[PDB]
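Chain naming here is simple, since letters A, B, ... match the order of the sequence lines and numbering starts at 1 in each. Part of the entry, not all of it, is on display, and contacts are counted within that displayed part. If you're wondering, the header gives electron microscopy, 2.9 Å. Just so you know, these numbers use all the heavy atoms, side chains as well, and skip hydrogens, waters and symmetry mates.
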Amino acid sequence: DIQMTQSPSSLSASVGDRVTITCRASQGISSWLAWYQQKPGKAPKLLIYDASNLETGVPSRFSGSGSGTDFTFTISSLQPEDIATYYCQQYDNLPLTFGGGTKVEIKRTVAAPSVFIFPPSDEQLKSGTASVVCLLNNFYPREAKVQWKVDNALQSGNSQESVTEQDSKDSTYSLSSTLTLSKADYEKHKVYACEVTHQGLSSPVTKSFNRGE
Amino acid sequence: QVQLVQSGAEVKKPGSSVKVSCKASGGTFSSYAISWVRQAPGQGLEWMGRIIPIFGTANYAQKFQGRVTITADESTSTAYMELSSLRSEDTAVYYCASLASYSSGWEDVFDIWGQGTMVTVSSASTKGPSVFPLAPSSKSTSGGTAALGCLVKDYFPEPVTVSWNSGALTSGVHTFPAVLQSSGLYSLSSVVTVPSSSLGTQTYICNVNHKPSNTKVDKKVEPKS
Amino acid sequence: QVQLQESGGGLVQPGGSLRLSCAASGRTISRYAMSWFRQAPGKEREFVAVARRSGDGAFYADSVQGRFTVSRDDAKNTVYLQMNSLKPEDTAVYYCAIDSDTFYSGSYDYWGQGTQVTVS
Amino acid sequence: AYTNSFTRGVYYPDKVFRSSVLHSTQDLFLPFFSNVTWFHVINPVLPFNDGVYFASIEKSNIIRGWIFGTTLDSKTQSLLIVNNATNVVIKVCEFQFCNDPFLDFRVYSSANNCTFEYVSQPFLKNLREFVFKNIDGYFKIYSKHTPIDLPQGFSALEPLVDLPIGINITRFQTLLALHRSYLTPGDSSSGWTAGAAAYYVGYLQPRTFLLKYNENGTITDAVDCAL
Amino acid sequence: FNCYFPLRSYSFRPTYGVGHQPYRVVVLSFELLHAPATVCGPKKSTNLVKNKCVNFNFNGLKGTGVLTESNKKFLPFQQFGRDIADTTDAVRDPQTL
Ligand SMILES: *[C@@H]1O[C@H](CO)[C@@H](O)[C@H](O)[C@H]1NC(C)=O
Ligand SMILES: *[C@@H]1O[C@H](CO)[C@@H](O)[C@H](O)[C@H]1NC(C)=O
Ligand SMILES: *[C@@H]1O[C@H](CO)[C@@H](O)[C@H](O)[C@H]1NC(C)=O
Ligand SMILES: *[C@@H]1O[C@H](CO)[C@@H](O)[C@H](O)[C@H]1NC(C)=O
């Protein structure tokens with residue numbers, strides 16, 4: 001069956017910068033290939049259906065070209081509202097095959113995270129389960145080490161993480177991790193801590209709390 | 001104008017069969033076509049089938065042939081899809097699409113969807129969330145500001161709205177995506193930031209509404225010193 | 001440890017161009033992204049530039065993106081940073097640092113050593 | 001207001017080079033010493049007889065184009081000429097036009113579903129001349145520009161465009177682009193303290209002219225046989 | 001009763017013979033009445049030579065003679081020159097001007 005790929009898998013540029021991407025397919029063609037603009041959980045917007053062709057209502061901000069097995073797709077300008085993922089689609093034949101995706105986002109100067117930790121409460125412990133959350137707020141890169149340091153000792157394999165997308169208002173990004181434990185394991189230790197280090201930060205940061213207070 | 005209306009949330013046990021709907025309206029029904037698509041929380045798209053209700057012709061993907069059927073009736077002005085052999089992986093947002101691209105030189109690409117129906121397949125049963133607040137300490141303040149929040153646990157099925165009740169009180173509110181427990185129960189997290197001049201005294205209250213049953217749950221967050 | 005040090009710099013006339021050199025030995029250089037940092041006299045540290053394996057161009061800070069360029073040599077552990085049309089503003093102490101995390105996307109500021117660059 | 005036209009208004013008839021020759025040409029010409037219509041732009045619909053001679057004198061390009069048609073309305077075919085900041089746009093449209101077309105808002109036409117389209121280089125205290133003829137199934141344009149009331153000096157107009165359109169043209173009007181004016185066609189001739197600018201309209205007649213060609217093939221003098 | 005599908009899909013596939021394959025076809029229609037002809041078929045079909053007798057055609061202008069480089073300064077808009085009594089003295093080259 002028809003298979004396709006997109007390269008590169010992600011783009012990052014400042015506001016107003018030029019953007020271009022390419023999509024490769026299994027068989028050489030000169031038409032019947034589409035392009036899409038998609039965001040996490042949102043409806044795609046059609047821009048190209050056939051090689052270098054578009055409908056009424058398609059803005060002049062998008063374009064595409066190519067021949068054979070490789071077709072390019074270019075975007076004249078980028079703005080923060082455009083943080084999305086471009087996709088290529090092909091319908092020369094019925095088994096429609098969809099692209100691997102290319103993320104597009106905004107470049108910016110380094111932003112230092114606002115660090116904070118989230119100690120447990122009594123009602124939580126009465127259920128038999130224990131958990132603690134460590135949060136990084138409004139930092140640029142995709143990830144920064146969020147290390148659990150129970151009793152000043154590093155921990156691994158016992159936490160859950162959640163992620164946000166880039167914020168179009170200021171192009172920042174946030175991250176957090178959630179420790180999980182049982183009340184017995186919770187009370188086996190005495191001191192809880194989380195440590196944060198970051199590109200824009202001056203030195204490693206440690207935040208902690210204790211069972212005795 | 002042309003519009004599509006989809007049903008509400010639907011859930012069923014694994015290995016069952018389910019019926020879904022897509023109500024079409026506007027213009028002339030006979031001139032429209034309907035397609036069905038599935039969208040997970042970040043996995044790639046899946047296309048189920050296609051029908052032309054005016055003429056009754058339909059076709060399918062190899063992955064879903066046999067196990068899925070589409071019927072659409074003009075008199076009820078809605079399109080239907082039949083599903084069978086449901087499994088946990090089907091938990092996603094299910095969309096119906098209109099293929100107007102067959103009679104004006106625009107070919108074989110949709111331009112209109114409905115609102116989308118979230119679906120879930122699990123062995124759990126419907127019930128409300130469990131919520132617990134947290135008590136940050138004064139010694140834990142940072143830069144003269146602190147943050148409070150709540151965690152939402154043990155609710156099923158989705159969708160779920162987690163927020164603070166109303167007003168500008170929502171200043172500095174920030175929420176993160178959901179996760180699914182191995183027991184079949186969903187979860188969520190929320191947080192709000194407050195300066196020194198308003199933390200504690202403002203008496204913040206987090207809220208949750210399990211709209212599949214429209215059950216509202218709220219809780220208070222209190223710092224300590 | 002991941003030891004790293006600079007070479008070059010010194011005194012040059014304003015409006016000129018000069019090269020700053022940084023090198024390492026005894027360890028693999030590919031498994032980390034190599035970055036640069038800055039500190040004006042008595043001021044806080046500030047990121048400058050960084051280079052990666054793929055060779056898809058480079059990444060720079062706001063104050064240096066439109067004037068400076070960076071490069072690296074994975075087979076010899078030598079990395080370089082270019083200075084063009086120096087100004088009184090850029091008279092500062094620079095640091096050579098490793099994005100000290102294996103095959104990582106982000107970075108962590110492990111500056112190894114620094115040297116002064118001044119405009120006459 | 002009327003004023004006399006001097007020997008101005010002659011043009012090259014037939015794109016044929018002639019040197020040191022006096023040629024007797026029988027074509028549509030502006031008779032010498034004819035009183036011509038004089039208007040101040042500091043644009044009424046005027047009949048388009050066998051020919052029209054147009055001229056303007058201004059420093060801030062108030063005059064910007066012309067418009068023609070049989071009924072000068074959407075009921076039948078029509079022609080439009082306009083000069084943009086960098087190009088001149090020509091269309092035969094049959095479009096419906098404004099009472100006082102003003103350009104700045106672009107208040108020129110109410111509707112356009114044109115059939116013929118064309119673009120070329122632009123025409124550009126300064127004296128401008130234009131001549132329009134429709135003897136055959138085409139619309140002919142001549143023009144000339146010189147630094148500078150109509151001067152008494154001589155000047156021969158050179159052909160500029162030969163459009164292959166066979167529409168009926170019987171009424172015409174001029175487009176104005178004063179510095180300020182209303183954005184709707186509900187008013188006319190007001191909006192700004194425009195400078196001293198004016199244009200003239202003269203009508204051609206079937207005449208016999210004796211044209212004088214110099215050594216380089218340029219017309220330097222002419223004689224009106226019936227004056 | 002029947003409520004048939006007025007259209008139908010060709011469903012082209014290799015198993016089909018030449019009579020059931022996707023021929024992409026274009027058909028042209030032409031008009032010639034009341035013609036200020038704007039569309040013309042023939043190309044230049046041109047050749048040039050100088051300093052010897054040759055039958056020459058220049059956008060028409062059928063004639064015979066010897067062609068040589070001139071010194072007369074034609075104006076930009078002029079195409080052909082005539083001597084006394086309308087003898088074609090010079091002609092501008094359509095291609096090289
Ligand atoms: C052009 O049309 C108008 C309106 O029908 C008519 O009065 C005029 O005689 C026509 N002119 C010619 C040359 O046919
Ligand atoms: C444009 O409008 C005119 C009426 O002003 C009409 O006669 C004509 O058919 C329309 N279409 C074209 C292509 O001229
Ligand atoms: C013809 O043009 C040349 C060059 O511009 C000029 O010297 C000559 O005087 C012109 N002929 C006449 C009769 O003025
Ligand atoms: C015609 O083409 C030739 C060769 O490119 C060129 O020298 C000449 O100037 C062209 N003439 C015109 C009128 O385009």
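Most heavy-atom contacts to chains A and B: the chain the PDB entry names Anti-Fab nanobody. Of the drugs LY-CoV1404, GC1102, MSL-109, JMB2002, the one that appears at chains A and B is JMB2002. Counting only heavy atoms under 4.5 Å, the other chains near JMB2002 (chains A and B) are C, E.
The chain of JMB2002 (chains A and B) that leads in heavy-atom pairs below 4.5 Å with chain C is chain A. Under the naming in the PDB entry, the designation for chain E is Spike glycoprotein.
For JMB2002 (chains A and B), the residues with any heavy atom closer than 4.5 Å are C:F37, C:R45, C:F47, C:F59, C:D62, C:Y104, C:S105, C:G106, C:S107, C:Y108, C:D109, C:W111, E:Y4, E:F5, E:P6.
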